[PDB]
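Entry overview - Interleukin-17A with bimekizumab in place.
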Amino acid sequence: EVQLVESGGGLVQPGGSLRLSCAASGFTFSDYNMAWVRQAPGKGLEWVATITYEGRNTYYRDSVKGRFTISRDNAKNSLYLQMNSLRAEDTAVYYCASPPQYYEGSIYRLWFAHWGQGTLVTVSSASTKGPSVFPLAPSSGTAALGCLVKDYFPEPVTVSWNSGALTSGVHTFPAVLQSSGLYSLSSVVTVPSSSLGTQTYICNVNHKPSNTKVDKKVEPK
Amino acid sequence: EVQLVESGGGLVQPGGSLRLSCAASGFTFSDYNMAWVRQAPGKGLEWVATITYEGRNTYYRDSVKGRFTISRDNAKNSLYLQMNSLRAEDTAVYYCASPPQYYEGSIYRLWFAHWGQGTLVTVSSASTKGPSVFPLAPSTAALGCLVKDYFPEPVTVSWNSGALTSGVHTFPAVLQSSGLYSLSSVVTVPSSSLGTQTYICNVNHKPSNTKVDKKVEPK
Amino acid sequence: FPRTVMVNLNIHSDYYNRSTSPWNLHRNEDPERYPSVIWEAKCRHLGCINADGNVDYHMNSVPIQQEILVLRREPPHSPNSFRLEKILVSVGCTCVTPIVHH
Amino acid sequence: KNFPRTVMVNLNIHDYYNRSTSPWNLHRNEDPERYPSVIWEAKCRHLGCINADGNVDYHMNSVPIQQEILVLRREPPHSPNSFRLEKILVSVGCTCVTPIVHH
Amino acid sequence: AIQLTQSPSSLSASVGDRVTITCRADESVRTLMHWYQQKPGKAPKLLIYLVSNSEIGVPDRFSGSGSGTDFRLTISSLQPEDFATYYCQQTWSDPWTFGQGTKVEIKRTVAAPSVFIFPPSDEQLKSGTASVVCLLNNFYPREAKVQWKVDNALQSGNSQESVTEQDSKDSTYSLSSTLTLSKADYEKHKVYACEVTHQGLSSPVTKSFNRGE
Amino acid sequence: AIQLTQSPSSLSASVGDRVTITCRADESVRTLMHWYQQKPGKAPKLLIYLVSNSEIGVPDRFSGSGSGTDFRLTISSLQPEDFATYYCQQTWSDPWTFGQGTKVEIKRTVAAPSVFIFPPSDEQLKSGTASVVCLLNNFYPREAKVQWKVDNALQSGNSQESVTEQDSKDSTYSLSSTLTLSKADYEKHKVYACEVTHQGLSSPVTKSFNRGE
Ligand SMILES: [Zn+2]
Ligand SMILES: [Zn+2]
Ligand SMILES: [Zn+2]
Ligand SMILES: [Zn+2]
Ligand SMILES: [Zn+2]
Ligand SMILES: [Zn+2]
């Protein structure tokens, strides 16, 4: 399997700098041209930059020319995107994409047969704030319970249940930007009523931008 | 491995009849068109007849039309050539040939990817005669067998039942003024193994059912 | 000379029609083999399909043959003992230009 | 399935890629944990197909012909006599296809 | 430079329907047109390359057709998991461009929501704010009305809604409505209720609690 | 109907030479031209199909080229085993026809024959005929002179020669000369000799025997 893993996305002040990295595996990285594609929140896909198999040639989207630098270290099987003079238009999820392995890597006009998971870059002058996790306790067939993750910045917040053991019936809602300028979301799960005082339900909230990790036990009051 | 094995070739009087057969193996015989190709002694290859995969269509060389019939038995994986009103032009080695297996058998214009060993048909009014086998005794030493006065061709010669192949020379038969053939088969062996190793030539003339195993010893 | 090993057998498109050198897959079944079923390609024509949909005899369809490994029952009908065998199979067809030069 | 089926196997066995309208190159794939250790994988040379005048025709496409093959993977790692049967996809060559321009 | 226009920008179709998305380029891209499928909160996946070729693993129901300026992606028989945004992309000339995307939603039978109410935790109340959550669980269609009533007085401008993306199995939505009040305003009143109006409900459903019970 | 003409009808080349055989058709066969190799006393083997394609197992040194009416088979570096007759064949139209063939012989360094003489067996003499055999073994070139002398009298019209086909390893020939006399004529003389004259011999070699010794 081909695997592309990105890191480096975070909150960066306007005019600042951030470096994206993409670790590649499952193919001869040095044989293929690599690219960065971005997607602004709620918008379409947009090609950003391309670098040839041995870094001798680079190509950029007009809006990022002179501000971004695409680089690669074939020995470490990794692709980089140095972003400078960051603006609002640069807030997006950035993906690293690879060409198909069954075509010669000398063909420039190849499509993106493999993409990374994506790393979010948020360009804002607002400050980082960790979330406050509160239980959404069930009341006295099927019962519902959850976690309210309030007042955090920037996105994202990941929520799992019982360390990933509980996946069936989980609904983690999209975050809402409150009038305060901070984000908030709820994550719920429907469980059988018979297992209320028997099974323990714990939500695991992780907000990597503020290094916040909370494991909240949700019990009926 | 594709294998095509022919039989039936022999001496046949002019105006007579003979049926040739080709046993096929190593492929789905019923999927391919089959053909007979012949070669007159000392001449080139000449296509004779073609039959389609399920025997529904047959094609023939102008000179054999009406005299020859190509047939097949897909259940027995065999091809046949019924030859009638035989003439001098029909004396030839007959090969059965099959198409390549990596192409659809519905393609008529395919080449011959596999061929049988060949079966000799001799059209002659002369009579069958078995050969006499005499030793060619040594005096590196050379020894052999003289296979004299036979008809028709061919004669096969092996040494020590095929165990001795190195240094063997089996000469082409010569047609003597008598109308009979004759040939010699020789082998060069080390002089040290003369009174130690036994050398026997195995002569087989299938047209007369003659099989002779002659021991060649120094006198 | 015999090198016997253990093998755990529990393992963890429309090109044939759109190709200029099209082909058909034929089922090859053998109960004394692993895999029992192998699909072998046979070229449909000697020429290649041109832009107008007809057969062009100035180009040729030729099979793409690969060597593959198969397991042959040894002794016959054995469910747990095999001999590794390499066979040649046709995977599909490609279109080639004949050499018309020195 | 859900049960290991182990068998014995005796391992002692008893240039169109250039003239093709969809040409290709074979690349060596070497894996010490596999039998066969070397597999030659084809990579198409172009997106189009070579036309009668020798140029690339972008109205037709070169596409890889991929086949599933069996391989033996060392189990445990570095074992010389024990393997697990694995099915991998490989590119054998390239063919030239017409794009669908219909309905 | 080469502009790609997809049509439609969104569509809704039942399971089993034949769906068609077009992509038109302002200049010819010959065969260098590709399609991608992007599921919510996931990276795009390559579906079709070079007009009509599916990558191994892509179901037979997806097929691509076209030439030069007009291209089409067809899903012969729509499945619940086909909920996604589809993008076309040309690689014929620099810069490589994408279409604006086509969002594909599934049309389904009507399902009534399961309504749940949650009072604010005592831990949150200690910080000075009260958040009351109303959950509408696994319903269809997405259109639903939630009204908050504090002692039978209808609230306005003090709540926020959040909707999940359509489930890839049963094609349903889930919604959370959150009423945010100050701790002082929360302690003033007793009955907190959420009235849900939906196509699947014969009469609106009210889930409520008494503050301190 | 379609006539194929090969050129040349025979040729001799040294090991390592590039050999070229042409085949001309009187009407176009497009690419339905094939080549076969036939070794002495063996069935033909397919070498090339459809102008230029070698079958698996055919050495790289064999290549085919051509179009319409002019075709060529080339052996880039002749090897001793390439001794054979090569035939072209067209399958474009009925009836399928072959070229007349091209015999390929190997040019080699001079090798002198080893000469052996064999008296007639007593078993043959009992039947009334005597056959005296002279063997010339593993020599090159094929041109050799054998003269039979009985008590020094040169014989004529009473012997027959037979030559093997060129060896596929060392490219040599072997020859048998057989002197046939009646038993009565055989018993009239004492010395039976065969005098061999060949390019590889400094002086002619005579092998002889005395009858009944
Ligand atoms: Zn039938
Ligand atoms: Zn057809
Ligand atoms: Zn043409
Ligand atoms: Zn090229
Ligand atoms: Zn074109
Ligand atoms: Zn009140």
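Lettering of chains follows the sequences in order, A, B, ..., and the numbering in each one begins at 1. What's counted below: heavy atoms across the whole structure, side chains too, no hydrogens, waters or symmetry copies. Heads up, header says this was done by X-ray crystallography, 2.7 Å.
Counting all copies, bimekizumab can be found at chains A, B, E and F. Other chains near bimekizumab (chains A and E) (heavy atoms under 4.5 Å), by letter: C, D. Heavy atoms within 4.5 Å of bimekizumab (chains A and E) are found on these residues of chain D: D/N25, D/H27, D/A42, D/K43, D/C44, D/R45, D/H46, D/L47, D/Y58, D/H59, D/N61, D/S62, D/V63, D/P64, D/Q66, D/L89, D/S91, D/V97, D/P99, D/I100, D/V101, D/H102, D/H103.
Lab note: paratope of bimekizumab (chains A and E) vs chain D (heavy-atom cut-off 4.5 Å) = A/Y32, A/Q101, A/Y102, A/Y103, A/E104, A/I107, A/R109, A/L110, A/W111, E/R30, E/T31, E/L32, E/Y49, E/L50, E/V51, E/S52, E/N53, E/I56, E/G64, E/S65, E/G66, E/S67, E/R72, E/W92. By the deposit information, the source of chain D is Homo sapiens.
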